[PDB]
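Section: structure with chlortetracycline.
In what follows, every chain begins at residue 1, and chains take the letters A, B, ... in the order their sequences are listed. Header lists the method as X-ray crystallography, 2.2 Å. For the numbers below, each heavy atom of this structure counts, side chains included, while hydrogens, waters and symmetry mates do not. Whatever order the structure lists them in is the order used to number ligands and atoms, beginning at 1.
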4 protein chains.
Amino acid sequence: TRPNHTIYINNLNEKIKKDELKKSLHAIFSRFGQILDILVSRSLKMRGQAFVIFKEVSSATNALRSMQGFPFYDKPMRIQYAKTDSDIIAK
Amino acid sequence: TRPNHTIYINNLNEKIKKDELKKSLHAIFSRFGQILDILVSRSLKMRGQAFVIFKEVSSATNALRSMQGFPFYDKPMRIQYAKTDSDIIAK
Amino acid sequence: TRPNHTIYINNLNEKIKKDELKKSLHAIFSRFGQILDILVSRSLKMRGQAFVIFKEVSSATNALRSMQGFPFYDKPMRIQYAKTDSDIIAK
Amino acid sequence: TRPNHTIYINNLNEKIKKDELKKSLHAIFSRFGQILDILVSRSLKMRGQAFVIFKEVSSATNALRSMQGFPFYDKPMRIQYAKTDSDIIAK
RNA sequence: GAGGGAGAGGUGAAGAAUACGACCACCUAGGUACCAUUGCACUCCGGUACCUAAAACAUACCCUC
RNA sequence: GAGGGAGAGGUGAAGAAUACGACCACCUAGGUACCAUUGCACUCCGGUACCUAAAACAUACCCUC
RNA sequence: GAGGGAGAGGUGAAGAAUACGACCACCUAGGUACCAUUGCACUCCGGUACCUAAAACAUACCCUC
RNA sequence: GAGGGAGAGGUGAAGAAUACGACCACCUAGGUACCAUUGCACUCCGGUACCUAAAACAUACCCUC
Ligand SMILES: CN(C)[C@@H]1C(O)=C(C(N)=O)C(=O)[C@@]2(O)C(O)=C3C(=O)c4c(O)ccc(Cl)c4[C@@](C)(O)[C@H]3C[C@@H]12
Ligand SMILES: CN(C)[C@@H]1C(O)=C(C(N)=O)C(=O)[C@@]2(O)C(O)=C3C(=O)c4c(O)ccc(Cl)c4[C@@](C)(O)[C@H]3C[C@@H]12
Ligand SMILES: CN(C)[C@@H]1C(O)=C(C(N)=O)C(=O)[C@@]2(O)C(O)=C3C(=O)c4c(O)ccc(Cl)c4[C@@](C)(O)[C@H]3C[C@@H]12
Ligand SMILES: CN(C)[C@@H]1C(O)=C(C(N)=O)C(=O)[C@@]2(O)C(O)=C3C(=O)c4c(O)ccc(Cl)c4[C@@](C)(O)[C@H]3C[C@@H]12
Ligand SMILES: [Mg+2]
Ligand SMILES: [Mg+2]
Ligand SMILES: [Mg+2]
Ligand SMILES: [Mg+2]
Ligand SMILES: [Mg+2]
Ligand SMILES: [Mg+2]
Ligand SMILES: [Mg+2]
Ligand SMILES: [Mg+2]
Ligand SMILES: [Mg+2]
Ligand SMILES: [Mg+2]
Ligand SMILES: [Mg+2]
Ligand SMILES: [Mg+2]
Ligand SMILES: [Mg+2]
Ligand SMILES: [Mg+2]
Ligand SMILES: [Mg+2]
Ligand SMILES: [Mg+2]
Ligand SMILES: [Mg+2]
Ligand SMILES: [Mg+2]
Ligand SMILES: [Mg+2]
Ligand SMILES: [Mg+2]
Ligand SMILES: [Mg+2]
Ligand SMILES: [Mg+2]
Ligand SMILES: [Mg+2]
Ligand SMILES: [Mg+2]
Ligand SMILES: [Mg+2]
Ligand SMILES: [Mg+2]
Ligand SMILES: [Mg+2]
Ligand SMILES: [Mg+2]
Ligand SMILES: [Mg+2]
Ligand SMILES: [Mg+2]
Ligand SMILES: [Mg+2]
Ligand SMILES: [Mg+2]
Ligand SMILES: [Mg+2]
Ligand SMILES: [Mg+2]
Ligand SMILES: [Mg+2]
Ligand SMILES: [Mg+2]
Ligand SMILES: [Mg+2]
Ligand SMILES: [Mg+2]
Ligand SMILES: [Mg+2]
Ligand SMILES: [Mg+2]
Ligand SMILES: [Mg+2]
Ligand SMILES: [Mg+2]
Ligand SMILES: [Mg+2]
Ligand SMILES: [Mg+2]
Ligand SMILES: [Mg+2]
């Protein structure tokens with residue numbers, strides 16, 4: 001994919017409760033720049049995944065490159081740019 | 001919060017015994033500067049949490065920024081400045 | 001061993017499914033340069049092990065040195081140069 | 001303690017078999033310099049502990065400082081200088 | 001008589017031909033399994049169930065003669 | 001007659017008033033729990049036990065009338 | 001009469017000498033164990049089993065007198 | 001007679017018409033589950049329970065004829 005304000009994370013530990021996952025993702029990622037939102041759902045299709053929306057695409061890029069494969073509750077994070085803009089970025 | 005000599009850590013693994021937790025927190029954090037004390041309680045309200053008191057606010061700041069989200073017994077540490085001075089700092 | 005386009009990893013967590021292992025190994029290693037392939041088998045003789053084939057021996061060398069002992073699904077990765085060229089490198 | 005060619009590690013995961021522990025400790029530590037030996041015993045008194053003997057005290061010092069608190073099979077390593085020279089260093 | 005065995009987390013009560021372990025009452029520290037808890041403190045203190053807390057001798061107690 | 005229900009991992013055999021799922025035989029991929037394995041490859045392939053592999057109709061099969 | 005005890009996730013129905021908890025019907029949030037899921041979203045929503053959702057009084061209900 | 005089957009961690013004892021596996025005694029390495037242990041070493045060595053330690057033939061042993 002191509003750089004995007006939003007990174008898509010998967011291979012996340014699915015036992016982690018939604019709000020803990022968000023707070024923890026925030027703690028991994030805030031070092032890279034300002035975060036607008038972190039979206040998590042534990043539904044069947046969306047579990048093990050998160051979207052982290054940065055204010056700036058440069059934050060997204062550094063995040064993705066630095067945290068690629070990083071240990072997070074016992075599994076390595078796999079990180080991609082989101083395939084499309086998040087609503088709050090497009091709008 | 002605002003910088004403080006003391007950092008507040010949570011999202012800690014609650015199976016870890018108090019003295020092990022302290023010794024381990026000391027090993028994460030001593031690289032950042034001198035530590036006056038580490039307070040841990042496994043009570044219901046205080047489990048999963050620690051206070052690490054640095055001699056210098058600059059140590060606290062580097063600690064917090066470097067170790068934010070860091071893997072510690074299988075969970076990411078979440079770090080904040082303490083909301084108030086610890087007794088040994090105020091007094 | 002002597003430098004090789006291919007690194008041999010072992011001490012891998014054997015519960016991890018083959019395609020997850022590959023995707024995760026790719027996420028640990030792609031930072032070091034271009035990867036031609038990652039070979040994994042869960043057979044008795046080959047479980048807990050992977051071969052990661054880099055385009056360039058310099059990528060292999062940096063990978064091996066940086067990721068040596070690195071946490072990966074709860075175990076430290078142990079990394080060596082492959083003892084021989086992978087087919088796609090020799091051919 | 002005072003710098004020593006040998007570092008003493010504890011808080012090690014005690015489920016890990018002796019030879020795996022050695023190979024893994026070797027993989028954490030060889031980046032710091034040449035290692036003469038790694039001693040591990042799983043006896044009651046000596047389990048959860050290792051001695052890593054470096055050729056040079058400077059290797060020991062960098063190791064200790066860099067790897068202090070580092071994640072190793074799910075627990076943070078706690079590192080000290082050995083209190084005395086190992087036999088192979090004294091002799 | 002012999003010879004073996006087992007009992008002390010702490011305080012008490014009982015008993016005292018007994019410094020001494022069971023029974024009974026009360027109180028503590030530490031842990032384990034499960035459940036609940038994401039929580040900002042600077043005497044301690046969630047729940048349910050289980051476990052552990054130096055030890056020889058002697059009395060009493062158990063086995064063999 | 002009505003009305004309900006359940007059966008297809010793949011190939012075969014049986015049966016065919018039947019494209020069609022059970023029984024029987026054979027073969028595959030993927031997984032789970034436990035045990036074993038630290039192992040250098042570039043067709044696949046450790047063990048023990050369990051599970052899963054699109055699905056409507058029709059025949060046959062099960063229930064009510 | 002006395003004295004004890006237990007019941008409210010939410011809506012309803014029943015009942016109302018009763019604001020009030022069981023039974024019955026319906027609906028929600030959160031979790032746990034196991035199984036399945038590697039998945040690109042920007043109302044929610046996999047399965048199987050289990051659990052939890054402030055609480056005093058009163059009626060009714062249970063025990064002792 | 002035929003044909004099938006199963007037994008060797010190591011040392012010993014028994015037995016020897018037998019190099020040879022069961023029974024019995026003793027000793028080792030490695031592991032697993034649970035419990036305990038945070039511990040500074042440079043012969044080994046916590047507990048409780050379970051498991052594993054190359055293997056063909058022959059004797060003996062088990063099944064069919
Ligand atoms: C109170 N009396 C009946 C007993 C008694 O008189 C004794 C005696 N020596 O005569 C006791 O020692 C006893 O009072 C006494 O203290 C006993 C005692 O200490 C004890 C302990 O500690 C552990 C196990 C046991 Cl079986 C006993 C036990 C049963 O011996 C009791 C016994 C009584
Ligand atoms: C061989 N014969 C006794 C049966 C038969 O003649 C049939 C028939 N239609 O007459 C079949 O279909 C059958 O040959 C036939 O194929 C059967 C069949 O397919 C089936 C399946 O697939 C699943 C469940 C069931 Cl209970 C059956 C079952 C029992 O109907 C069998 C029946 C036989
Ligand atoms: C409908 N009738 C038989 C009962 C009745 O007439 C009552 C009464 N006060 O007379 C009720 O309160 C009742 O209608 C009524 O509502 C009952 C009730 O609320 C209740 C609750 O909440 C919890 C436990 C229990 Cl045991 C009861 C229970 C049994 O008392 C019922 C009783 C009935
Ligand atoms: C001592 N005597 C009764 C037996 C004997 O005389 C033998 C014989 N060949 O006559 C043995 O081989 C025996 O002494 C002997 O050594 C036996 C033996 O080795 C053995 C093993 O290794 C495994 C399984 C089994 Cl069932 C046996 C077993 C039962 O055959 C014994 C048998 C005895
Ligand atoms: Mg790291
Ligand atoms: Mg006792
Ligand atoms: Mg004792
Ligand atoms: Mg006592
Ligand atoms: Mg005393
Ligand atoms: Mg007294
Ligand atoms: Mg007594
Ligand atoms: Mg008295
Ligand atoms: Mg306690
Ligand atoms: Mg929990
Ligand atoms: Mg408790
Ligand atoms: Mg005694
Ligand atoms: Mg089926
Ligand atoms: Mg199907
Ligand atoms: Mg079939
Ligand atoms: Mg077909
Ligand atoms: Mg056919
Ligand atoms: Mg048929
Ligand atoms: Mg036919
Ligand atoms: Mg398969
Ligand atoms: Mg294993
Ligand atoms: Mg298998
Ligand atoms: Mg159907
Ligand atoms: Mg209730
Ligand atoms: Mg309630
Ligand atoms: Mg209700
Ligand atoms: Mg209301
Ligand atoms: Mg109503
Ligand atoms: Mg009522
Ligand atoms: Mg009415
Ligand atoms: Mg819910
Ligand atoms: Mg899974
Ligand atoms: Mg569910
Ligand atoms: Mg009440
Ligand atoms: Mg055997
Ligand atoms: Mg054998
Ligand atoms: Mg033997
Ligand atoms: Mg021999
Ligand atoms: Mg002999
Ligand atoms: Mg014999
Ligand atoms: Mg003889
Ligand atoms: Mg052993
Ligand atoms: Mg433990
Ligand atoms: Mg043992
Ligand atoms: Mg044989």
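- Location of chlortetracycline, all copies: ligands 1, 2, 3 and 4.
- Most-contacted chain for chlortetracycline (ligand 4) in this structure, per the PDB entry: Tetracycline aptamer and artificial riboswitch.
- Going by heavy atoms, the other chains that come closer than 4.0 Å to chlortetracycline (ligand 4) are H.
- Measured from chlortetracycline (ligand 4), other ligands and ions fall under 4.0 Å in these cases: ligand 44 (magnesium ion).
- With a non-hydrogen cut-off of 4.0 Å, the residues around chlortetracycline (ligand 4) amount to H:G7, H:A14, H:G15, H:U18, H:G21, H:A22, H:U59, H:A60, H:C61.
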